[PDB]
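Chain A is the first sequence line, chain B the second, and so forth, proteins listed ahead of strands; every chain is numbered from 1. All values below come from the heavy atoms of this structure, side chains included, with hydrogens, waters and symmetry mates left out. Both counts, for ligands and for their atoms, begin at 1 and track the order of listing.
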Amino acid sequence: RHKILXXX
Amino acid sequence: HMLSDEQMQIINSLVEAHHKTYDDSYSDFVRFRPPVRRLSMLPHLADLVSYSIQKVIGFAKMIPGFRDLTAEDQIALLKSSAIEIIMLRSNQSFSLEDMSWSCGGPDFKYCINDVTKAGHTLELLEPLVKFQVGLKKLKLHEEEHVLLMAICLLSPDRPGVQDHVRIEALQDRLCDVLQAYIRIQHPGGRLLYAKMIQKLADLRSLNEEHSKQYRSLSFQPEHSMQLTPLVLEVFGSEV
Ligand SMILES: C=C1/C(=C\C=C2/CCC[C@]3(C)[C@@H]([C@H](C)CCCC(C)(C)O)CC[C@@H]23)C[C@@H](O)C[C@@H]1O
């Protein structure tokens, strides 16, 4: 999981 | 023929999306770590690219249909294409007379030599400027420029994408709009669509070279430390 890409 | 309503609405939405995410004043650039001329330009260019990734994300969100994909496909598309969208959208600040990107001041004028002070070599930068020159000479209308960014972003041939059919159908719908626009609205663009598709293949090759060189850069703690959290996530191998 991507912390920042979770602003998709 | 004549462009249709749905085609019109797509062009309008893409041009508005670009105007909302690309600020011709470049006034935000004073907020980056300042440029300095061992990798004296990496802090400033890491900030510039990180900022630009956020803009490309805002642009993607306003591409008609993109927001209907799963979050996983959106991120896969963004991660694989981000550096390409940045290379394309940067053509707007690129100048033939200076052979550099000029962004509202001498401090924010970037030439090939500045990017070597960020870890990159002529293996990437020489092809990159030739790309900017050839793209600049195409004299794209704004409509064409923004369509090409959306087409590049909505490519289904990317690693990590699941719904390949839905993404290809979206991209096909944008290619059709672009083809109709060029035929109807662009005098002398008989060969233009093919030239733009070719630029997409140039971008693939520049992506590969950037990724190779980014890896060499990002595996050294003294250099990865100067990047931003968003750059590390977007350009990283984390799945
Ligand atoms: C950003 C944008 C602009 C210039 C893009 C440039 C010029 C400097 C060097 C860049 C940034 C290339 C670098 C080789 C990218 C490497 C970044 C990194 C150090 C992380 O590996 C890619 C695009 C080139 C300014 C403006 O057009 C907004 C646009 O959006």
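- The drug or drug candidate at ligand 1, out of piclidenoson, calcitriol, terazosin, is calcitriol.
- In the deposited model, most contacts to calcitriol (ligand 1) involve the chain that UniProt calls Vitamin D3 receptor A.
- Chains touching calcitriol (ligand 1) with a heavy atom below 4.0 Å, listed by letter, come to B.
- Neighbouring residues of calcitriol (ligand 1) under 4.0 Å (non-hydrogen atoms) are B:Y22, B:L42, B:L48, B:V49, B:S52, B:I86, B:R89, B:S90, B:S93, B:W101, B:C103, B:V115, B:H120, B:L124, B:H210, B:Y214.
- Every atom of calcitriol (ligand 1) is numbered from 1 in the order shown, and the set under 4.0 Å from a heavy atom of B:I86 is 1 (C), 23 (C).
- Which parts of calcitriol (ligand 1) touch B:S52 is read off a 4.0 Å heavy-atom cut-off, strictly below it: atoms 1 (C), 2 (C), 29 (C), 30 (O).
- Taking a cut-off of under 4.0 Å to the non-hydrogen atoms of B:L42, the atoms of calcitriol (ligand 1) that pass are 19 (C).
- Close N/O approach between B:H210 and calcitriol (ligand 1) is found [any backbone or side-chain N/O within under 3.5 Å].
- Per-residue contacts place B:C103 under 4.0 angstrom from the following atoms of calcitriol (ligand 1) (heavy atoms of the residue considered): 25 (C).
- Those atoms of calcitriol (ligand 1) that come under 4.0 Å of a heavy atom in B:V49, given as number and element, are 11 (C), 17 (C).
- Between B:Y214 and calcitriol (ligand 1), a contact under 3.5 Å exists for no N or O pair.
- Restricting to residues UniProt lists as binding calcitriol in chain B, the heavy-atom distances under 4.0 Å from calcitriol (ligand 1) involve B:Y22, B:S52, B:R89, B:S93, B:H120, B:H210.
- In chain B, the residues contacting calcitriol (ligand 1) fall mostly within the UniProt domain NR LBD.
- For the pair B:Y110 and calcitriol (ligand 1), the shortest N or O to N or O distance does not fall below 3.5 Å.
- Here no covalent bond ties calcitriol (ligand 1) to a chain.
- Those atoms of calcitriol (ligand 1) that come under 4.0 Å of a heavy atom in B:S93, given as number and element, are 25 (C), 26 (C), 27 (O).
- Note: an N/O pair closer than 3.5 Å links B:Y22 and calcitriol (ligand 1) by distance alone.
- Applying the 4.0 Å criterion to heavy atoms of B:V115 picks out, from calcitriol (ligand 1), the atoms 9 (C), 14 (C).
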